[PDB]
Undergrad: 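This file holds Protease with nelfinavir bound.
Heads up: chain A is whatever sequence line comes first, chain B the next one, etc. Using the numbering of the PDB entry, the residues shown for chain A are 1-99, in order. We number chain B the way the PDB entry does; in order, the residues shown are 1-99. Whatever order the structure lists ligands and atoms in, that order sets their numbers, starting from 1. Reckoned from all heavy atoms, side chains included, excluding hydrogens, waters and symmetry mates. According to its header, this structure was worked out by X-ray crystallography, 2.0 Å.
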Protein chains: 2
Amino acid sequence: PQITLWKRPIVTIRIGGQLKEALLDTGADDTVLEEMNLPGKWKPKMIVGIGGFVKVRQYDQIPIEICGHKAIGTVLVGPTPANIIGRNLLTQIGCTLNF
Amino acid sequence: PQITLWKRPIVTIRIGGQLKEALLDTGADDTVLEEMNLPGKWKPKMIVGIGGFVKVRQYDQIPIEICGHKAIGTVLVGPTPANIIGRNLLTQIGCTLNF
Ligand SMILES: Cc1c(O)cccc1C(=O)N[C@@H](CSc1ccccc1)[C@H](O)CN1C[C@H]2CCCC[C@H]2C[C@H]1C(=O)NC(C)(C)C
């Protein structure tokens, strides 16, 4: 698709058989989803947030479908105010910025 | 231009004789710049990021040149981790996400 920016670029994603809404986010390096359980081993991780670091859980090699495009990559889980899809997965689905 | 997302989408911006670098950020509603004195009336504002709120000054009708494109609109000024071009100006320059 082509997604304009008059409104927040939010799309439906599918992960672990669950459907969620997530923000296509070119200013984030990583993909961060709200608190949830995923299958497998995870590592503790700190990401740079407002007023300090935010603690998240890192899951690697997770299949995730983004607006019907398949990715397999790293998903961070934690207390984000919004589900965000970052560059690690935007590149996998062939997403560019254009003007 | 097409901008890929293998690295941070950073571009040169000009505002009023200042020449800075900033992220083209589809995840940001509004444009947020690091320390600079802009002319005109300001209004205090609190804006959400991961891990907390940043207190900013909101200025209206600020010209920024972005990759040779002329934008004019709201600019927020505060302790932001990075200079950010948000949707309010990204739309003005005709920026879309494509995949
Ligand atoms: C999540 C993430 C990573 O995993 C790695 C690197 C950066 C980020 C990251 O937080 N990126 C942000 C840019 S602000 C920024 C922060 C740190 C470094 C560079 C830029 C997002 O693109 C924007 N981010 C998207 C989104 C995040 C969840 C809360 C709602 C918005 C808030 C918005 C935001 O933070 N707003 C500002 C006021 C700071 C502009």
Undergrad: Other chains with a heavy atom closer than 4.0 Å to nelfinavir: which ones?
TA: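 Heavy-atom neighbours of nelfinavir: A, B.
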Undergrad: Taking heavy atoms and a cut-off of 4.0 Å, what residues surround nelfinavir?
TA: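 The heavy-atom site around nelfinavir is A:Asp25, A:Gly27, A:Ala28, A:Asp29, A:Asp30, A:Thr80, A:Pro81, A:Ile84, B:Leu23, B:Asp25, B:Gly27, B:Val32, B:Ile47, B:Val48, B:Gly49, B:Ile50, B:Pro81, B:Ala82, B:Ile84.
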Undergrad: Taking distance alone, with N or O pairs closer than 3.5 Å, would you say A:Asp25 contacts nelfinavir?
TA: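 So nelfinavir has an N or O lying under 3.5 Å from an N or O of A:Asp25.
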Undergrad: Can you confirm, on distance only, whether nelfinavir has an N/O atom lying under 3.5 Å from any N/O atom belonging to B:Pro81?
TA: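 Between B:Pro81 and nelfinavir (N or O atoms, distance only) the closest approach is not under 3.5 Å.
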Undergrad: For B:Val48, take its heavy atoms, then give the atoms of nelfinavir lying under 4.0 Å from any of them.
TA: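 Every atom of nelfinavir under 4.0 Å from some heavy atom of B:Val48: 32 (C), 34 (C), 36 (N), 38 (C).
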Undergrad: Could you list which atoms of nelfinavir come closer than 4.0 Å to a heavy atom of B:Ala82?
TA: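 Once the distances to B:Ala82 are compared, the set is 19 (C), 20 (C).
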Undergrad: Just which atoms of nelfinavir are under 4.0 Å from any heavy atom in A:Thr80?
TA: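 Counting atoms of nelfinavir from 1, those under 4.0 Å from A:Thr80 are 28 (C).
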Undergrad: Just wondering, where does the PDB say chain A originated?
TA: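 The deposit lists Hiv-1 m:b_arv2/sf2.
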Undergrad: Which of the atoms in nelfinavir, numbered in the order shown and given with their element, are less than 4.0 Å from a heavy-atom of B:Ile50?
TA: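 Counting from 1, the qualifying ligand atoms are 1 (C), 27 (C), 28 (C).
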Undergrad: For nelfinavir, which atoms sit closer than 4.0 Å to a heavy atom of B:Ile47?
TA: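 Counting atoms of nelfinavir from 1, those under 4.0 Å from B:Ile47 are 38 (C).
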Undergrad: Going by the atom numbers of nelfinavir, which of them fall below 4.0 Å from some non-hydrogen atom of A:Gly27?
TA: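 Taking each heavy atom of A:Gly27 in turn, nelfinavir has 7 (C), 8 (C), 9 (C), 11 (N), 12 (C), 13 (C), 22 (O) under 4.0 Å.
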Undergrad: Would you say A:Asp30 and nelfinavir have an N/O pair spaced under 3.5 Å apart?
TA: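 So nelfinavir has an N or O lying under 3.5 Å from an N or O of A:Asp30.
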